[PDB]
Asker: 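Structure with (+)-discodermolide attached for reference.
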Amino acid sequence: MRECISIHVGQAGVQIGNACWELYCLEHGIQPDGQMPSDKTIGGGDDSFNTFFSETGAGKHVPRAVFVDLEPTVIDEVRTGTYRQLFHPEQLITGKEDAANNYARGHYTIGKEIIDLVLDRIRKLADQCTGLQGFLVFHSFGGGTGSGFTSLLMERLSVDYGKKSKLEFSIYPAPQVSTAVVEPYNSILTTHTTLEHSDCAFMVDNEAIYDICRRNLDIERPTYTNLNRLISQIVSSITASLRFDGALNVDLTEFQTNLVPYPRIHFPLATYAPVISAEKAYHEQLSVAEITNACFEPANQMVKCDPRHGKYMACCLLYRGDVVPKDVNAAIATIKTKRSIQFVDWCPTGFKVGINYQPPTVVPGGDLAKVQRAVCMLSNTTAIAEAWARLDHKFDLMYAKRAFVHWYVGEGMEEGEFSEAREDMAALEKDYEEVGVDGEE
Amino acid sequence: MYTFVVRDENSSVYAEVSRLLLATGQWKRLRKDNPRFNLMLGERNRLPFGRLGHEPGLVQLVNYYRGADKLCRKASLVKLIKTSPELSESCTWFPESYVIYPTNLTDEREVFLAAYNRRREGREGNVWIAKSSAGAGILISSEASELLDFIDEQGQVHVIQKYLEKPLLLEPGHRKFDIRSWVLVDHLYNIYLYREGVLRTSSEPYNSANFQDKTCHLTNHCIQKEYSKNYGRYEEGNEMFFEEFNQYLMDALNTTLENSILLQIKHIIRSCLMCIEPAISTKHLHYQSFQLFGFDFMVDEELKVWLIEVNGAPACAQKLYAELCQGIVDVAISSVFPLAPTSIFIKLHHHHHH
Amino acid sequence: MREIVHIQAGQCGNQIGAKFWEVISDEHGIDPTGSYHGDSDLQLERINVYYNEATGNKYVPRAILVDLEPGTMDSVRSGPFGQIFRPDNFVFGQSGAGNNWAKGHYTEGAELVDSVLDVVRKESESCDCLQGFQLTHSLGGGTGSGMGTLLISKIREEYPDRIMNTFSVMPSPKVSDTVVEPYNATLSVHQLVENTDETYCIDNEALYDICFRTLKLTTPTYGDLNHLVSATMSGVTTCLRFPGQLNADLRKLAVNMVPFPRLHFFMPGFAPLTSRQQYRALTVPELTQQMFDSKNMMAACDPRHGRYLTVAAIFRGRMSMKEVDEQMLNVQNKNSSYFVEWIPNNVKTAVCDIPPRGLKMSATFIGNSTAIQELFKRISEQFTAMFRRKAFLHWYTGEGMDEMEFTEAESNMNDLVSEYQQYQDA
Amino acid sequence: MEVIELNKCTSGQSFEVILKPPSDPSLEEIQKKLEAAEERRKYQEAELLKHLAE
Ligand SMILES: C=C/C=C\[C@H](C)[C@H](OC(N)=O)[C@@H](C)[C@H](O)[C@@H](C)C/C(C)=C\[C@H](C)[C@@H](O)[C@@H](C)/C=C\[C@@H](O)C[C@@H]1OC(=O)[C@H](C)[C@@H](O)[C@H]1C
Ligand SMILES: Nc1nc2c(ncn2[C@@H]2O[C@H](COP(=O)(O)OP(=O)(O)OP(=O)(O)O)[C@@H](O)[C@H]2O)c(=O)[nH]1
Ligand SMILES: Nc1ncnc2c1ncn2[C@@H]1O[C@H](COP(=O)(O)OP(=O)(O)CP(=O)(O)O)[C@@H](O)[C@H]1O
Ligand SMILES: Nc1nc2c(ncn2[C@@H]2O[C@H](COP(=O)(O)OP(=O)(O)O)[C@@H](O)[C@H]2O)c(=O)[nH]1
Ligand SMILES: [Ca+2]
Ligand SMILES: [Ca+2]
Ligand SMILES: [Ca+2]
Ligand SMILES: [Mg+2]
Ligand SMILES: [Mg+2]
Ligand SMILES: [Mg+2]
């Protein structure tokens, strides 16, 4: 068994974190007070769930997690909430005033003053680990803390934990729920400085989740609560391999090995099905073929884009529930004869498949219906570069006029960091194009 | 009030579509870089499809299908036909073709020579034609050596295609021609064949003993108006329209345009577009597409129809601009953005059971 | 707790400020004696942003009242909620400022300003995490304008890393006390250009025209104008005073609204504006259309004469957020040309469940529009018409000012006008 | 369509199907960056206070 430490940064990171740990407790049979009746080894153990939970002598199962935010009110929810007994104070870190949606404020001005405290608290967790794998880092692109402090933290983690893997779960900005006009700046600045420090990053576009919640959960105006419950379901599918018995993606290194042959191109697309409303009075249960076919619909992707007009480098299918290999292979055969699926020439056309027999857990009284079988597909497709193109275009529009730039320079950032970051993104877009792509008539 | 942007100033068809939209009084044109449009009349090259369909509260439509280039490039069309089971290497309405990369750059040179050699041995007609999308640029020859060498002198991909030695010749004049069909595919992937086509004719008598002089061999409107003395002699602008061509077919061959030719044209159009539908359909996509295509056909003396190529950004015949452009607005645009007959189109559909 | 420290200076500043505290005290369920009598926890959740908690569960406005004569603050103290203010936070002289920026800024105001800063420090010292300051004042008089901008400069020196926000009443010949108002306002605008992060521009002629034309008040009083302003101030600060995601504090608001440091002058607006049919239900579509109607805006500038750099819209009351989003998207999608295209998604919308007293719903508009240049052009024209003849200058040179300072103020405001124009053409 | 590396346990199973074969900054440097930005904030603030002193 090898430990993983989760790090939740800023409002989005923290609130998504609270949704995930809630779901993990429900999946593992851990009560709000930390007790876990099914765990017969009191006060210790090296089971798969111990990758995410340590144990006290009193039998408390404590998340290997640190929460960090530059303002106290979101993390005060956690101190005060249903699972408050789960965490001890040293795991929750708050400042007094936030980064004001300003990467420079998060990275340089405030980050400089809190980074050593955060590393100290992380060090305390690492000292409990017999064989630390690395880190799972949750944050928004758009917030000043999620963008700026995370990139600082990622740099320092590479220094203090050089051999350790670092995965990201990143919330890509959507104007339908966004709170700052400058989020394109923050996104590109943080991507630039974090790029070399992250081994694999799962981007979730709030636009996609928002529209899935509206369309499939019939929620007229989704809240962060609706959004995060769905995000936690996807995160859980992705990390289930680290927390349950299995032979696929059983450690962080395997995520890179299976999904990322090209280091800079480390952003797999997640696709998830089925998403069914709990208020739906009559629901016909979807087959293995139907939920698998749904993995190739943009409407079910965590980022809207068109994989038909890109190339695959890798594809992983992660099932939960009543699924056997026979039905997966029958579904895949059919899908290949009907769908556009081009792999790059230097990779095999194939799928790595994981099945966990335990169907998805749902939060009691939540939006999601219990289903007999579900699947998360992780594919490294060049199509996800569409999201970088979108972001880079908005960045260009504002930067050409230097709109809002004085806010960043005012915190000690040089204007040159803007163009440097944008140049790095230009190369990233070109990398995707090289991998992915070959009037008056 | 619906909104749209124009990003191809060079398009006659969509200049007229734009003109019409404004005339409805219910469409407003924005600056070409305003993202809050309902409708994009896109640029021909590197249209940013990746930025479409991400505008909260705006249904967005564009006048190109991402991926249609597979059909609309010479080399891409050859590859698409040979590798698609629904079309296949034994497809009967497309001339034997090969993709050849200049030796200064897979490549079917040896496969071409083998087929070429077989014909040369069996006394068969052996005139092939070299051409490429990078042209205005064409070479017709019965010698493989000339064909392959002409391509090396260039730096772009080429296609060597079997030259139809037995074309249908119009009389009087003993002259060659090709048929242009305009096809509109809407956002639901309804395939609409414009009822009016045009025959782009050669005003020079066809001569099989001289491929050196290409004016009697190439029916392109530009070439005829430039290098042909008899331009406009038989018909205005070397364009014969379907009514006259039908009357000719009745008079001369005791048949009809519909029977002898259009059945095959409709078959070919539907085969091509249904083949790539899965690759390009926007049915469940966050933005929608339509596109106007220009299919080019040749007819041989046995009244067999051959596909020559598909154009992704066609112009129209002057006399037909108004009708077709109104047709575009009615079926492609107002279908998505309704305003506050006897269609001009033939909906191509067929569901044979087996 | 992100505390805001409120300052109100001079006659206009104190009359509007008093009305403002009356209005938001009613919203938070605070009675005139500082006792809480509300029925919703939403009322207290962010109450500490504007109020301190005294002994006996009393809430006291974090407010400093400043004047160079005692009259208006006497009236405030004798007014409805006058006893709610901290007695030590009344800071005043006796000689007045005579509608004279120089008296406010350099002579009379100078003698008083340190005592004001002492009270400002006392309030700041007890803040757990001070956001910054909001000042209410007029630009056309002497105390609010001259001493108000002196205060702002000294506050910036002592608190350089805190946000400075003003509600600034711009003079108009149509609703005017003295002919020197354009002098006082031109002098003050240069101060605001350099030393505030956000300035809400309230034109007295706009207020008057709303009262006369739309509200059908035959003879509007300063009292009528001030209730409009108070309602607007309540709306624009809703995001600071109640739970919310968007523009929830002064700095995040500035980062969203101010793309260039000098262009931080906002046009506010309020809906509904209804004449005494007053019981008629208002719809979201109607709120939205009126909120964006030039007639509902308070800078007397035609929005169609310029472009929006950024817009914040706040809706209050129980309503469909789905419909709000739809209606806001409609306004932008149907008049997209009036929003600069080089700041994507530059219109932000907030919804708060608690509506103003006596309304089912309301909407407040904050626009950073280049059309605000018309306001400064008007002031500049009135300034020059007098200054070219050096008319009325002796009132100022008698306090030690020289003509060169007027020349520089003039140049500064014309520079500001030019800066707006370049982004209107961008 | 070859299945490979089939692994089974009580909690589930995993395998691979192939349809077709193929054809940092040091602590010191981070420090200097953070201190350089802090220095620039100090300079800008010093300049402001000078302006206000005048
Ligand atoms: C002159 C119009 C007075 C009232 C109107 C009928 C309207 O009242 C209702 N209930 O719809 C209000 C909202 C008007 O549209 C406003 C323009 C009135 C306005 C703010 C100012 C006038 C210039 C001024 O004469 C003032 C003394 C008159 C009435 C105020 O007591 C109305 C209340 O004032 C508020 O602060 C809240 C928004 C809310 O409680 C509001 C009902
Ligand atoms: N999915 C999801 N997105 C969120 C949540 N909270 C914030 N966001 C998104 O995150 C971006 C704003 O960043 P935040 O995480 O709120 O900012 P922060 O990291 O706290 O940084 P500062 O507040 O600027 O110090 C916007 O795009 C929001 O839509 C959440 O709970 N779930
Ligand atoms: N295989 C073939 N056999 C006989 N004639 C051919 C031929 N290929 C091309 N031609 C002649 O050459 C002309 C141009 O060919 P092609 O269509 O491939 O290039 P192009 O795109 O420049 C003209 P267009 O697309 O407008 O028809 C055709 O109109 C036809 O008359
Ligand atoms: N809206 C409003 N404007 C006022 C009020 N009192 C004065 N004014 C305006 O304020 C300016 C005069 O400044 P005033 O505040 O009286 O001078 P001060 O006491 O020296 O600050 C002129 O533009 C007046 O029109 C008021 O109560 N409400
Ligand atoms: Ca144990
Ligand atoms: Ca590393
Ligand atoms: Ca004195
Ligand atoms: Mg935050
Ligand atoms: Mg062509
Ligand atoms: Mg007065």
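Numbered from 1 within each chain, the chains take letters A, B, ... in sequence-line order. Header says: X-ray crystallography, 1.9 Å. Shown: partial entry. Contacts: counted within the shown part. Counting starts at 1 for both ligands and their atoms, in listed order.
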Asker: Where in this structure can (+)-discodermolide be found, counting every copy?
Answerer: ligand 1
Asker: Please name the chain that forms the largest contact set with (+)-discodermolide (ligand 1), as given in the PDB entry.
Answerer: Tubulin beta-2B chain
Asker: Just wondering, which other chains does a 4.0 Å heavy-atom cut-off pick up around (+)-discodermolide (ligand 1)?
Answerer: C
Asker: Define the binding site of (+)-discodermolide (ligand 1) at 4.0 Å using heavy atoms, by chain and number.
Answerer: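 Heavy-atom contacts: C:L215, C:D224, C:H227, C:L228, C:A231, C:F270, C:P272, C:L273, C:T274, C:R276, C:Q278, C:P356, C:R357, C:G358, C:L359.
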Asker: Could you identify the single nearest non-hydrogen protein atom to atom 31 (O) of (+)-discodermolide (ligand 1) and state the distance to 0.1 Å?
Answerer: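 Ranking protein heavy atoms by distance from atom 31 (O) of (+)-discodermolide (ligand 1), first comes C:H227 NE2, 3.6 Å.
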Asker: For chain C, which UniProt Mg(2+)-binding residues keep a heavy atom less than 4.0 Å from (+)-discodermolide (ligand 1)?
Answerer: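 The overlap, by heavy atom and UniProt annotation, is empty.
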Asker: If you measure every N/O of C:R276 against every N/O of (+)-discodermolide (ligand 1), is any gap under 3.5 Å?
Answerer: no
Asker: What is the closest protein heavy atom to atom 42 (C) of (+)-discodermolide (ligand 1), and at what distance does it sit?
Answerer: C:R357 O, 3.8 Å
Asker: Which atoms from (+)-discodermolide (ligand 1) have a heavy atom of C:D224 less than 4.0 Å away?
Answerer: 23 (C), 25 (O)
Asker: For (+)-discodermolide (ligand 1), which atoms, with element, lie under 4.0 Å from some heavy atom of C:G358?
Answerer: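 Numbered from 1, (+)-discodermolide (ligand 1) contributes 10 (N).
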Asker: Would one find an N or O of C:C211, backbone or side chain, under 3.5 Å from an N or O of (+)-discodermolide (ligand 1)?
Answerer: no
Asker: Please indicate whether any nitrogen or oxygen in C:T274 is less than 3.5 Å from any nitrogen or oxygen in (+)-discodermolide (ligand 1).
Answerer: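 Yes, since at least one N or O of C:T274 sits under 3.5 Å from an N or O of (+)-discodermolide (ligand 1).
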Asker: Can you list the UniProt GTP-binding residues of chain C with a heavy atom under 4.0 Å from (+)-discodermolide (ligand 1)?
Answerer: none
Asker: Which atoms of (+)-discodermolide (ligand 1) sit under 4.0 Å from any heavy atom of C:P272?
Answerer: 15 (O)
Asker: With heavy-atom distances below 4.0 Å as the criterion, list the atoms of (+)-discodermolide (ligand 1) near C:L215.
Answerer: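 Near C:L215, meaning under 4.0 Å from one of its heavy atoms, (+)-discodermolide (ligand 1) has 17 (C), 23 (C).
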